[PDB]
Number of protein chains: 2
Amino acid sequence: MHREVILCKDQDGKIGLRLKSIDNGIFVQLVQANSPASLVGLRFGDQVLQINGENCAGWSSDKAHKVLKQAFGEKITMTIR
Amino acid sequence: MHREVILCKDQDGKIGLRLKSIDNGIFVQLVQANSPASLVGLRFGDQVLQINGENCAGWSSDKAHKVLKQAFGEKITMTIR
Ligand SMILES: CCCCC1C(=O)N(c2ccccc2)N(c2ccccc2)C1=O
Ligand SMILES: CCCCC1C(=O)N(c2ccccc2)N(c2ccccc2)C1=O
C-alpha cells in the first residue's frame, strides 16, 4: 500500500539510503544501520514512488540520488510501497 | 481539523517555535521567519495537541519546550488543530 515517510537529515547532512533504478521504478538497495532511513522503517526492496513531490518512474539511479541531495529544508519526503 | 506535521531541525539544531500553555492546552506563540516551523505552515494561535506521540493537555510551557528539545532523530512530530 501507498505510504508517506518523512526523513530528517542527520547532523552531517546524510540519510543513509542507496537506491537502484530498475523495471521503470526506484527501489531501496541499501539502508544504513541507525540512520534517518532506518528510523522510518525503510527496507531493502521497498519501492520509492515519489521523492519530494516528484514521480520517480523512469528516473536513473543517479537522478534519484541527486534529488535526494537537493532536499529542501533538511527534509526528504517520499512515497513508498 | 486534526493534522500531523513533521519538522526537521535546522543545521543548528533549531526549529523556530515558541509555545504557550493556557486553557489546559498548548498553543503557538511565536513562529520564526524562514524556519522548520514556518516551513510546515505553523501560525500564531495554532493549538498543539500532541508532541512526539504525547498528549500535551495540561503541560507547562516549559515542559512543552523541553519535549521539543528532547526530539528523537533530529525530528519533531506534532498533531495540530
Ligand atoms: C549513515 C551513512 C550515510 C551515507 C548515505 C547517505 O546519507 N547518502 C546521501 C548523501 C547525500 C544526500 C542523500 C543521501 N548516501 C548515498 C548513497 C549513494 C549515492 C549517493 C549518496 C549514503 O550511502
Ligand atoms: C530560528 C530561530 C530558532 C530559535 C527557536 C528554536 O529553535 N527553539 C528551540 C530550541 C531547541 C529546541 C526546540 C526549540 N526556541 C525556543 C523558544 C522558547 C524556549 C526555548 C526554545 C526558539 O525560539
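In what follows, every chain begins at residue 1, and chains take the letters A, B, ... in the order their sequences are listed. Any value given below was found using the heavy atoms of this structure, including those in side chains, with hydrogens, waters and symmetry copies removed. Numbering of ligands and ligand atoms starts at 1, following listing order.
The drug or candidate drug modeled at ligand 2 is phenylbutazone. Taking the chain with most contacts, the partner of phenylbutazone (ligand 2) here is, per UniProt, Syntenin-1. By chain letter, the other chains having a heavy atom closer than 4.0 Å to phenylbutazone (ligand 2) are B. The binding site of phenylbutazone (ligand 2), defined by non-hydrogen atoms within 4.0 Å, is formed by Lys14(B), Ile15(B), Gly16(B), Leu17(B), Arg18(B), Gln32(B), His65(B), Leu68(B), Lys69(B). In the vicinity of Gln32(B), heavy-atom distances shorter than 4.0 Å reach the phenylbutazone (ligand 2) atoms 1 (C), 2 (C). The PDB header gives the source organism of chain B as Homo sapiens.
Geometrically, phenylbutazone (ligand 2) and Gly16(B) share a nitrogen or oxygen pair separated by less than 3.5 Å. Near phenylbutazone (ligand 2) (under 4.0 Å), the structure shows no other ligands or ions.
Close contacts between phenylbutazone (ligand 2) and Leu17(B) involve ligand atoms 5 (C), 15 (N), 16 (C), 17 (C) [criterion: under 4.0 Å to a heavy atom].
Numbered from 1 in the order shown, with element, the atoms of phenylbutazone (ligand 2) that lie under 4.0 Å from a heavy atom of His65(B) read 18 (C), 19 (C). Most of the residues of chain B within contact distance of phenylbutazone (ligand 2) belong to the UniProt domain PDZ 1. Any N or O atom pair closer than 3.5 Å counts here, and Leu68(B) shares no such pair with phenylbutazone (ligand 2). Within the listing of phenylbutazone (ligand 2), atoms 6 (C), 7 (O), 14 (C) sit less than 4.0 angstrom from a heavy atom of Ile15(B).
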